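Here the structure comes first, spelled out in structure tokens, and everything after it is commentary.
Just so you know, residue 1 is the first one in the sequence shown, and it goes up from there. Worth knowing before you read on, the calculation uses all heavy atoms, side chains too, and leaves out hydrogens, waters and symmetry mates. One-based numbering, in listed order, for ligands and for the atoms of each.
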Amino acid sequence: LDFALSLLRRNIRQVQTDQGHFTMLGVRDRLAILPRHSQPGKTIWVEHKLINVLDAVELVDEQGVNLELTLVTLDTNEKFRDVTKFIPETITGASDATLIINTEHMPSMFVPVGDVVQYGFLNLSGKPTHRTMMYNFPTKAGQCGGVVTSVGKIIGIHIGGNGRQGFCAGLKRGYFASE
Ligand SMILES: *[C@@H](CC(=O)OCC)[C@H](C[C@@H]1CCNC1=O)NC(=O)[C@@H](CC(=O)[C@@H](NC(=O)c1cc(C)on1)C(C)C)Cc1ccc(F)cc1
Ligand code: NA
């Protein structure tokens, strides 16, 4: 838990884009990650502070299939505490995960979602998506960007759900390499 708490305080920010409220994980330096559908564009608000987005990269797999993740570089002089060490090299499930949500509307929220298991292909609102995992928990609107954590590991970012189940984009440490 001390891990989840530390991650919340130091790395997980309340964010708004023109698409609404999202949770945002800052990973290292000025690099953070949002769900693709948040469409960060040119600027975002972080805790109500307007920040330029210097680059927004929509991640896709070897075949160009959507991974539903957007890496953003933020025009700021502050650096995120480097949490790459806590991100697995290979997309991994987990047995007792906690979904960390942090928005203006759902501030500092820890959601026990239980087991996180490999799912794979997801037709998310008509958009082919790969490398997803699933949890049998009723996730809701406003929880996208939420950080899926397990015993000291950051394993996923919440991207969708169908009412009974939630789905995250799995994380690989390689996503966050310096070029
Ligand atoms: C988070 C973002 C948000 O709140 O958007 C509000 C306008 C949100 C969380 C979930 C909504 C329901 N419970 C959730 O965990 N994510 C979304 O709304 C995306 C789309 C979906 O989640 C859809 N789910 C499915 O398509 C689906 C399919 C299967 C087998 O299981 N679930 C529903 C809303 C129908 C946002 C999104 C992502 C990617 C896109 F290309 C378009 C839209
Ligand atoms: Na924006």
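This structure shows the drug at ligand 1 to be rupintrivir (bound form). Here the macromolecule with the greatest number of atom pairs within 4.5 Å of rupintrivir (bound form, ligand 1) is listed in the PDB entry as 3C protease. For rupintrivir (bound form, ligand 1), the residues with any heavy atom closer than 4.0 Å are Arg36, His37, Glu68, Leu122, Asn123, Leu124, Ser125, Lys127, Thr139, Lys140, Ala141, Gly142, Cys144, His158, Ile159, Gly160, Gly161, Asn162, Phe167. Close approach to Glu68 involves these atoms of rupintrivir (bound form, ligand 1), each under 4.0 Å from a residue heavy atom: 38 (C), 39 (C). Here is the list of rupintrivir (bound form, ligand 1) atoms found below 4.0 Å of a heavy atom in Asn123: 26 (O), 28 (C).
Checked against a 3.5 angstrom limit, the closest N/O atoms of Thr139 and rupintrivir (bound form, ligand 1) fall inside it. Within the listing of rupintrivir (bound form, ligand 1), atoms 41 (F) sit less than 4.0 angstrom from a heavy atom of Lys127.
For the pair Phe22 and rupintrivir (bound form, ligand 1), the shortest N or O to N or O distance does not fall below 3.5 Å.
Less than 4.0 angstrom separates atom 18 (O) of rupintrivir (bound form, ligand 1) from none of the non-hydrogen atoms of the protein. In the entry as deposited, the covalent bond from rupintrivir (bound form, ligand 1) ends at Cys144 SG. The deposit names the source of chain A as Human coxsackievirus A16.
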